[PDB]
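A structure with echinomycin.
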Protein chains: 2
Amino acid sequence: XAXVXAXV
Amino acid sequence: XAXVXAXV
DNA sequence: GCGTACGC
DNA sequence: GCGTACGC
Ligand SMILES: *C(=O)c1cnc2ccccc2n1
Ligand SMILES: *C(=O)c1cnc2ccccc2n1
Ligand SMILES: *C(=O)c1cnc2ccccc2n1
Ligand SMILES: *C(=O)c1cnc2ccccc2n1
Ligand SMILES: [Cl-]
Ligand SMILES: [Cl-]
């Protein structure tokens, strides 16, 4: 759920 | 040489 | 000449 | 519920 590299 | 995650 | 950045 | 960010 976090987006820092994927954001899902 | 670039530093964006290691910076060497 | 090597690896940092988060949870809906 | 998945992976982005650069070259001295
Ligand atoms: C987001 O909160 C989050 C948490 N755990 C995960 C596990 C696997 C894929 C994506 C995820 N996203
Ligand atoms: C993004 O691609 C990504 C990959 N691994 C991680 C680990 C810890 C925090 C954030 C991250 N983001
Ligand atoms: C920095 O310019 C740079 C370029 N290539 C590398 C290869 C392996 C380790 C570190 C490196 N740093
Ligand atoms: C830092 O840990 C890191 C790792 N892989 C990369 C690939 C492309 C650009 C920058 C990167 N930085
Ligand atoms: Cl949980
Ligand atoms: Cl070269």
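Below, read A as the first sequence line, B as the second, and so on, with proteins coming before strands; counting in each chain starts at 1. Every modified residue collapses to its parent amino acid or to X, and its extra atoms do not feature in contacts.
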Location of echinomycin, all copies
chains A and B
Give, by letter, every other chain that has a heavy atom closer than 4.5 Å to echinomycin (chain A).
C, D
